[PDB]
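In the model that follows, one finds brivaracetam.
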Amino acid sequence: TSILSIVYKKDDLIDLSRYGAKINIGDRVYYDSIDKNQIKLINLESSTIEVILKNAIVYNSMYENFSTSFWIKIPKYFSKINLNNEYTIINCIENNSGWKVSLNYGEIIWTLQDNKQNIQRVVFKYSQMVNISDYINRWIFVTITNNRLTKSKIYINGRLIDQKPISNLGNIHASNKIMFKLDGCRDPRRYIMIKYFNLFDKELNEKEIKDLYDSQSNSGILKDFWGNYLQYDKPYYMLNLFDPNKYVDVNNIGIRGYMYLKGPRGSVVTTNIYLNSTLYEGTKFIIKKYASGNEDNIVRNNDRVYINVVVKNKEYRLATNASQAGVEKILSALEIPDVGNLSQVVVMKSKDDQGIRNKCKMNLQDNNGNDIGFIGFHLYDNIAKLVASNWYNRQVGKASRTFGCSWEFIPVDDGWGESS
Amino acid sequence: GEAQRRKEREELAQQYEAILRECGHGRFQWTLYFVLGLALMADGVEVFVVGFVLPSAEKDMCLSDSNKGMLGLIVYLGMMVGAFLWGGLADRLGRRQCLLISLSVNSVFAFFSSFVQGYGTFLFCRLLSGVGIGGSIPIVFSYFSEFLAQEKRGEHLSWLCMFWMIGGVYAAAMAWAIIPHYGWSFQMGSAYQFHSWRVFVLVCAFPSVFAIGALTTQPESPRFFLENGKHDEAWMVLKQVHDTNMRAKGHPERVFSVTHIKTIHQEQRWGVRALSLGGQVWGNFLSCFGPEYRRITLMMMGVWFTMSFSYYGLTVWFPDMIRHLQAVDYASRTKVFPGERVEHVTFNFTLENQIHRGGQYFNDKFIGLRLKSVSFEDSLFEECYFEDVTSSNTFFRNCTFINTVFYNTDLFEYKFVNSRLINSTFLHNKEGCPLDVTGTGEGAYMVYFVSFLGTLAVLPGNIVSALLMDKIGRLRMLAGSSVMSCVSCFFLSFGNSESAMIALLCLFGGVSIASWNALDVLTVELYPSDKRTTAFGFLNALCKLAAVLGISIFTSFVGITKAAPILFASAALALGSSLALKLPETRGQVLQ
Ligand SMILES: *[C@@H]1O[C@H](CO[C@@H]2O[C@@H](C)[C@@H](O)[C@@H](O)[C@@H]2O)[C@@H](O[C@@H]2O[C@H](CO)[C@@H](O)[C@H](O)[C@H]2NC(C)=O)[C@H](O)[C@H]1NC(C)=O
Ligand SMILES: CCC[C@@H]1CC(=O)N([C@@H](CC)C(N)=O)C1
Ligand SMILES: *[C@@H]1O[C@H](CO)[C@@H](O)[C@H](O)[C@H]1NC(C)=O
Ligand SMILES: *[C@@H]1O[C@H](CO)[C@@H](O)[C@H](O)[C@H]1NC(C)=O
């Protein structure tokens with residue numbers, strides 16, 4: 001049911017469908033080292049991708065429904081040059097007729113145009129003044145459906161965002177060749193990332209969009225704050241979804257010391273461009289492989305690892321005493337060689353028992369394989385202290401709403417551009 | 001029917017006057033004078049607490065505008081409610097009973113407000129304390145009047161106003177000796193802080209407790225007993241007065257010759273009692289507006305309103321004008337540095353009252369600096385670094401910041417007015433109020449002194465009234481002091497410095513006191529004993545409302561011109577004196 005599907009291969013991009021679309025790539029197109037299937041496009045003439053379909057699959061009808069889907073990562077817009085700067089990223093218009101998708105300051109726009117020069121635009125808007133954003137510099141699953149009889153709809157991460165009637169539009173012609181390049185961007189340091197571009201000749205409904213989202217989400221692998229793979233030997237800042245205005249901090253080193261949630265977070269401001277909350281605050285968490293037999297650095301589900309903590313550019317270990325008062329027992333950062341027999345092993349969890357993808361969670365267990373419990377935070381005398389407790393597991397068993405057992409790992413990224 | 005009641009009331013008043021003349025003046029009268037003087041000193045202290053603690057509470061509670069003014073006016077609103085309430089209740093429950101109730105309410109809520117942390121709770125506590133202390137003046141004056149013979153009534157009643165001035169002096173001294181110790185940081189509870197102004201509030205709530213303690217040992221006034229149909233206890237109280245007086249004199253052998261005193265003939269349950277009390281109080285209030293008392297009540301209303309309006313407006317306007325003059329001098333001493341180009345260098349200083357214009361600082365790290373009323377205008381900051389910066393009344397206007405970091409600074413978003421920040425980071429912002437709160441330092445000291453001076457200004461005139469109340473008359477003293485108050489209001493224009501304002505405030509305070517003493521005695525003597533406290537409380541409620549209006553207007557008139565307050569005060573005082581000159585004369589009459 002897919003006509004075009006660009007997928008990475010041995011130093012090339014190959015169409016998975018049985019159509020043999022000819023793909024040519026410019027000399028300045030990049031690939032991520034870990035996730036080479038992600039394609040990076042910069043604001044250069046050479047950083048271009050052309051794909052050519054066949055004459056038997058060119059959209060030239062009036063009653064033909066069709067859908068597109070992809071994953072896009074767009075960095076933060078930093079200065080005033082970027083507003084009112086609509087630039088096309090994917091294009092299929094020839095002789096002023098076709099479909100295109102473009103980006104503006106906090107906007108993703110899908111445009112249809114027929115032989116009668118009638119414009120239909122479906123736009124998704126995300127703000128930049130939010131404290132913590134779900135779309136700024138993070139991977140977004142965009143799916144656009146077109147039923148010529150009823151409507152054109154857009155979907156962000158599988159949920160409907162906007163829809164517009166297109167029954168007035170006439171005959172829509174499509175180019176023999178599809179574009180992948182930044183056109184019309186005045187910013188000379190602006191780039192995007194796209195991956196997993198699929199095309200279908202029918203309008204998808206909610207069920208197909210959703211199960212496509214789960215299929216392409218790679219639920220078996222942990223993800224950081226930016227949506228990339230989680231890796232060992234890389235310092236991550238810690239964010240709590242339940243309490244996003246405080247960062248993990250430590251006061252003392254050893255068993256007598258505890259790690260708690262200290263706030264409030266700072267801010268990064270550019271005077272009506274962005275008012276974001278500082279993400280590089282707190283103590284960095286490093287993940288060290290213990291029992292993972294995989295050769296790559298990618299952190300997968302059910303991996304049993306160790307958690308180093310960086311304090312004053314010195315690496316300590318997460319550990320706690322398995323035998324103390326109460327179930328919610330405090331966590332501590334202690335010296336590497338002096339750990340002895342305190343519990344260190346932590347199991348990383350990404351998807352639930354049923355296989356539904358959720359955020360990153362850590363389940364502390366002892367050396368005997370007994371679950372100490374999920375890691376979260378609890379309030380002791382007006383201090384949010386980090387503790388490992390079985391309460392979250394009990395709530396999960398009862399299908400209740402857990403509070404604070406979900407974490408986010410934020411590595412330093414160029415798309416955020418924050419000063420550390 | 002009316003004639004018989006009038007004859008009975010007149011004969012009762014005459015017999016009561018004869019009994020009081022027989023008993024004489026002595027130790028009982030002086031003891032009660034001191035007790036009610038403490039009760040009045042509580043009221044005199046109560047009016048200064050919020051004004052003295054506002055500079056510290058504004059920082060300790062993050063008080064903004066439209067909240068300090070309400071805090072100032074809440075005491076007068078509470079007094080306005082309490083005066084009416086307790087004046088209405090005193091004619092049906094008793095002078096001493098209602099005095100104890102109201103004073104206890106004042107002490108309870110003043111003690112509670114000393115530990116309250118929030119603002120709305122502080123407003124509620126202060127309002128209830130003002131309600132408790134509102135009825136001190138009417139009840140005290142009507143209670144002391146009913147133990148005095150006609151020979152010396154104005155003098156002995158005007159001696160009772162020394163304690164208001166004593167209370168003002170006590171409040172000023174306590175504020176001077178307690179508030180300046182800002183180092184006191186007693187900690188009870190992590191989230192709560194105990195500063196010195198709370199200690200000041202406690203010491204200011206002390207005189208109401210002392211007044212209650214002194215009042216426990218005094219008997220009810222016999223006149224209230226006689227009006228309400230109770231003759232045994234009235235006779236017992238009169239006998240106690242006689243025995244105390246004659247034992248003090250030195251003749252503890254004579255016998256109370258009075259045997260019988262003529263008495264006014266008397267003609268769900270909680271709700272019924274409350275409804276009955278409300279109905280009787282409303283009846284007393286309406287009868288106060290009766291055919292016999294309809295001219296008198298209106299003239300008294302006019303005099304009270306006009307004099308309260310003028311006095312309170314002036315007494316609030318004087319400190320505001322002094323503050324405005326000091327601020328004008330401070331702004332006149334401001335230094336200006338137009339333009340400076342600064343290269344890589346660490347910055348250390350503490351700047352006061354400066355304006356730097358057109359600056360250009362490149363890679364400058366400002367470490368550990370205190371800024372007081374320092375303004376940067378038209379400046380450009382590039383790759384700068386602000387650390388341990390603390391600032392008050394400091395603003396960055398028309399400024400551009402590029403790649404700058406604000407680490408451990410209290411430079412909040414309200415200090416950057418019409419400023420552009422590019423790629424700037426705020427880290428570890430210091431705890432502080434969301435908006436400006438201003439700062440008061442050593443300049444509070446003189447303020448206390450000023451208040452003290454004003455209170456001392458009352459000392460001479462009072463004495464003169466106390467030595468001349470029964471020689472000239474209440475009407476003549478009232479008019480001849482209101483005229484001098486108007487003259488001083490006109491003379492107001494001849495002063496533009498702090499010393500001139502202090503002298504003018506002292507002169508006005510020393511001139512208006514005789515008029516206030518005469519007004520108090522006249523409103524005591526002009527009403528019958530079954531409506532005295534109701535009428536006095538209503539007039540005191542009117543006085544507090546006029547005080548609120550005058551305070552609001554005269555605060556709105558600071559820094560604009562000196563003609564509007566002068567015109568308002570002079571007109572109001574002239575109208576009050578004109579209305580007062582038409583009142584009836586009460587000198588040389590039985591308390592009827
Ligand atoms: C605002 O900053 C961004 C990000 O730069 C980071 O943050 C700065 C505050 C400063 O600490 C830099 O050293 C940081 O690297 C700028 O965008 C990047 O600028 C660098 C230039 O050093 C360039 O190499 C990158 O490619 C830029 N990235 C993107 C996505 O454009 C941005 O230019 C700054 N704004 C201005 C007006 O200078
Ligand atoms: C300076 C005299 C004015 C003050 C204002 C005020 O309210 N005063 C009381 C004195 C107990 C009064 N009701 O006369 C005196
Ligand atoms: C000036 O700098 C020194 C050292 O940098 C520091 O000790 C001192 O406190 C600074 N001055 C002030 C007023 O803080
Ligand atoms: C100061 O403000 C004026 C307008 O009010 C503006 O023209 C000027 O450029 C500003 N100064 C700087 C340094 O930008």
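So that the names make sense, note that chain A is the first sequence line, chain B the second, and so on, each numbered from 1. Order of listing sets the numbers, starting from 1, for every ligand and every atom in it.
Brivaracetam, all copies counted: located at ligand 2. Most-contacted chain for brivaracetam (ligand 2) in this structure, per UniProt: Synaptic vesicle glycoprotein 2A.
Within the structure, the other chains placing a heavy atom under 4.0 Å from brivaracetam (ligand 2) are, by letter, B. The organism that the PDB names for chain B is Homo sapiens.
Counting UniProt's transmembrane segments of chain B from the N terminus, heavy atoms under 4.0 Å from brivaracetam (ligand 2) lie in segments numbered 4, 5, 7, 8, 10. Residues touching brivaracetam (ligand 2) within 4.0 Å, heavy atoms only: B/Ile137, B/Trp164, B/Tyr311, B/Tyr312, B/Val458, B/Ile513, B/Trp516, B/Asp520.
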